[PDB]
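Carbonic anhydrase 2, liganded with methazolamide.
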Amino acid sequence: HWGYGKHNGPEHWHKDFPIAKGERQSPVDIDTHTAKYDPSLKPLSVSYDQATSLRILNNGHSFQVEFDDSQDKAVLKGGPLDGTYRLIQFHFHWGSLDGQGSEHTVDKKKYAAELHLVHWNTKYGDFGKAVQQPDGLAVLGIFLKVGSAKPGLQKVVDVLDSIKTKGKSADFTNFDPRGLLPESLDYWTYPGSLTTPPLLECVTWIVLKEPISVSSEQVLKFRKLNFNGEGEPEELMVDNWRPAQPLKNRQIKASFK
Ligand SMILES: CC(=O)/N=c1\sc(S(N)(=O)=O)nn1C
Ligand SMILES: [Zn+2]
């Protein structure tokens, strides 16, 4: 099975998922001096006031918080998007050390972690259909840097002990994802892919310029999770990030000058 270890990590994925060597793979390095300002780009519209969180799960590759996406409760619109995209879950990627952990890089700089807010395009009716379309998903990427604690993240950090191993889940209601956003919504955007298998090239990536800061104690907690299931030999959940992929025939656009 695929993973992030030496024998089943990102450089092995292409044997089971040949699109790994595809034309619009993610993540990528964002070169700030060659990104193109596009003033036709609209401001992002984030409407999370009615979000309904349900559950948090250790999926063996990360942990994810799931939302009710049965109606237009929490949606993303605007930006480079046409149409409305519903939030279905968020998850993180992080490192073993503070100098690594993000998937995207900015002028080759890595961040300590990267938050992904995953949304799907409601014109396709459900998530499984949306991933088969080039404009099926929109993922909001937010960088984490180590510094001062983020209050809005503590409720997440506090329940990780209850989902330590693969396949564990816990009730996680009334979580407000607005507490995870930076102050500014300026962004870069490019067409790309899911960054874990099946690596489908169905994503409009929206990567926020401004990182959020978390404390060392907060990220430490991330690092105490386990890839393994209960009763199995312990393998700490760290470095669950894919390296930057070739940009190839793509342009990164910026919403800001
Ligand atoms: C949200 C979901 O069900 N899946 C995902 S989201 C994703 S990511 N990391 O956001 O590009 N990769 N995969 C496989
Ligand atoms: Zn992700």
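FYI, the numbering just counts along the sequence from 1. Excluded from the calculations below are hydrogen atoms, water molecules and symmetry mates; all remaining heavy atoms, backbone and side chain alike, are included. This entry, so its header tells us, was determined using X-ray crystallography, 1.8 Å. Start at 1 and go down the list; that is how both ligands and their atoms are numbered.
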- prompt: Every copy considered, what are the ligand or chain positions of methazolamide?
  reply: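 In this structure, methazolamide can be found at ligand 1.
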- prompt: What are the neighbouring residues of methazolamide within 4.0 Å, counting only heavy atoms?
  reply: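 By heavy-atom distance, those residues are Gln89, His91, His93, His116, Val118, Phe127, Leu194, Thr195, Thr196, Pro197, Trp205.
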query: Which methazolamide atoms, with their elements, are less than 4.0 angstrom from a heavy-atom of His91?
result: 6 (S), 8 (S), 9 (N), 10 (O)
task: State which residues of chain A, listed by UniProt as binding substrate, have a non-hydrogen atom closer than 4.0 Å to methazolamide.
output: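 Of the UniProt substrate binders, heavy-atom contact within 4.0 Å holds for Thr195, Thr196.
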- request: State which other ligands or ions come closer than 4.0 Å to methazolamide.
  value: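 I count ligand 2 (zinc ion).
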- prompt: Which one of the active-site residues that UniProt assigns to chain A is nearest methazolamide, with the shortest heavy-atom distance given to 1 Å?
  reply: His61, 8 Å
query: To which UniProt domain do the majority of residues of chain A contacting methazolamide belong?
result: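 The answer is UniProt domain Alpha-carbonic anhydrase.
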- prompt: Near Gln89, which atoms of methazolamide are under 4.0 Å from a heavy atom of that residue?
  reply: 1 (C), 2 (C), 3 (O)
field: Residue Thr196 vicinity, atoms of methazolamide by number, heavy atom under 4.0 Å
entry: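 It comes down to these atoms of methazolamide: 12 (N), 13 (N), 14 (C).
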- request: Using a heavy-atom cut-off of 4.0 Å, list the UniProt Zn(2+)-binding residues in chain A near methazolamide.
  value: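 Checking heavy atoms, the UniProt Zn(2+) residues near methazolamide are: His91, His93, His116.
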- request: Around atom 7 (C) of methazolamide, find the nearest protein heavy atom and jot down its residue, atom name and distance.
  value: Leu194 CD2, 3.7 Å
message: Show the atoms of methazolamide that are less than 4.0 angstrom away from any heavy atom in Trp205.
response: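 Listed by number with element, the hits are 11 (O).
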- prompt: Relative to the heavy atoms of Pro197, which atoms of methazolamide are at a distance of less than 4.0 Å?
  reply: 14 (C)
message: For atom 11 (O) of methazolamide, what's the nearest protein heavy-atom neighbour? Residue, atom name and distance, please.
response: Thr195 N, 3.0 Å
message: Distance under 4.0 Å to a non-hydrogen atom of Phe127: what atoms of methazolamide satisfy this?
response: 1 (C), 2 (C), 3 (O)
